[PDB]
K.L.:
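Shown below is the structure under consideration.
Note that the numbering runs from 1 along the sequence shown for the chain. We count ligands from 1, going down the list as the structure has it; atoms in each ligand are counted the same way. What's counted below: heavy atoms across the whole structure, side chains too, no hydrogens, waters or symmetry copies.
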Amino acid sequence: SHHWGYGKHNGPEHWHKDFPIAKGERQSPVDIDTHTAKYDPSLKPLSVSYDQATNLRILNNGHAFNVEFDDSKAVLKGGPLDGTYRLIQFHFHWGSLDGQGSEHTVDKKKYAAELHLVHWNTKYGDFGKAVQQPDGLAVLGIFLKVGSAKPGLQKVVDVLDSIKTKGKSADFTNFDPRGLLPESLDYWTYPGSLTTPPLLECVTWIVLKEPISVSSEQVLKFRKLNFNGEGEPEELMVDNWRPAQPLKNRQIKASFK
Ligand SMILES: CC(=O)Nc1nnc(S(N)(=O)=O)s1
Ligand SMILES: [Zn+2]
Ligand SMILES: [Zn+2]
């Protein structure tokens, strides 16, 4: 298949052929330069209102694994946002044993991995309408570094063996994303895009300053996933990140001095 991916023949340098907005003015990720990302006082503290979700789904879509929220609850408000944004899913980007694998960088420094909690603006009635609008999505990005285990990640890691290959999905119940947050909600924000096709410029990025620590054993489980489908040759799911994109006219703002 010539479906997009992260390989030599289908990776980020190819994406613009099917998705011309890849070369747009508000593409993500970007490098966050601490000397030019200015403190903005128009910015409020973030309001992250999460709790245990009952019915979820975990799946390997050949690009990452998603944990999807199916309850008909978890919302993000405040910070740079107007209105209420509902959590729909989260997923990660990561590197190999030999490399870093965040999407955003800070002063050109990459973190081991990056968590994306994807939220859509409830004003729009559904996700498909939301992605068509500049205020449609809010993605809360959280860096991962390797250290001690993140207890609230363990339930996710424990079920990754069951979705090893592309197309596998599984029922997943009783998960609280509060367990994925760092202590501080200090953040940077800027207007940007989905970091994967369709690369739509519909995202308010909120990137937390404080990384979470995960164990090498936890991230190892990420790296044992496969890009390929069952029965095909093994291609380990690693380095599923897009390179940093030009800031162009944008300003990155900081919630903190
Ligand atoms: C359905 C959905 O959430 N699609 C996404 N595609 N890219 C995303 S990202 N990396 O910008 O968080 S989210
Ligand atoms: Zn796809
Ligand atoms: Zn992502």
K.L.:
Match the molecule at ligand 1 to one of metronidazole, sulbactam, acetazolamide, metformin.
P.N.:
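The compound there is acetazolamide.
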K.L.:
Which polymer chain has more close contacts with acetazolamide than any other, using its name in UniProt?
P.N.:
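The chain with the most contacts is Carbonic anhydrase 2.
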K.L.:
I keep going back and forth on this: is there a covalent bond to acetazolamide in the model? If so, which residue and atom?
P.N.:
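Covalent bond: none modeled.
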K.L.:
Which domain of chain A, as defined in UniProt, supplies most of the contacts with acetazolamide?
P.N.:
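That's UniProt domain Alpha-carbonic anhydrase.
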K.L.:
What UniProt-listed substrate-binding residues in chain A have at least one heavy atom nearer than 4.0 Å to acetazolamide?
P.N.:
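Counting heavy atoms against the UniProt list, it comes to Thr195, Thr196.
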K.L.:
Which UniProt Zn(2+)-binding positions in chain A have any non-hydrogen atom closer than 4.0 Å to acetazolamide?
P.N.:
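The overlap, by heavy atom and UniProt annotation, is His91, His93, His116.
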K.L.:
Tell me which other ligands or ions sit closer than 4.0 Å to acetazolamide.
P.N.:
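I find these: ligand 3 (zinc ion).
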K.L.:
Out of all atoms in acetazolamide, which are within 4.0 Å of some heavy atom of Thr196? Include the element for each.
P.N.:
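Every atom of acetazolamide under 4.0 Å from some heavy atom of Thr196: 6 (N), 7 (N).
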K.L.:
Between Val118 and acetazolamide, which residue portion shows a heavy-atom distance shorter than 4.0 Å: side chain, backbone, both, or neither?
P.N.:
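Near acetazolamide, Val118 shows its side chain, while the N, CA, C and O stay back.
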K.L.:
Tell me the contacting part of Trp205 for acetazolamide: side chain, backbone, both, or neither, using a 4.0 Å heavy-atom threshold, strictly below.
P.N.:
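For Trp205, only side-chain atoms sit under 4.0 Å from acetazolamide.
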K.L.:
Taking atom 8 (C) of acetazolamide as the point of reference, which of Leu200, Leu194, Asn61 owns the nearest heavy atom?
P.N.:
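Of the listed residues, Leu194 has the closest heavy atom.
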K.L.:
Return the organism named as the source of chain A in the deposit.
P.N.:
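By the entry, that would be Homo sapiens.
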K.L.:
Can I get the nearest UniProt active-site residue of chain A to acetazolamide along with its heavy-atom distance to 1 Å?
P.N.:
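Rounded to 1 Å with heavy atoms, the UniProt active-site residue is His63, 8 Å.
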K.L.:
Okay, heavy atoms under 4.0 Å: who's in the binding site of acetazolamide?
P.N.:
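Using heavy atoms under 4.0 Å, it comprises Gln89, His91, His93, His116, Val118, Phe127, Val139, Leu194, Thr195, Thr196, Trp205.
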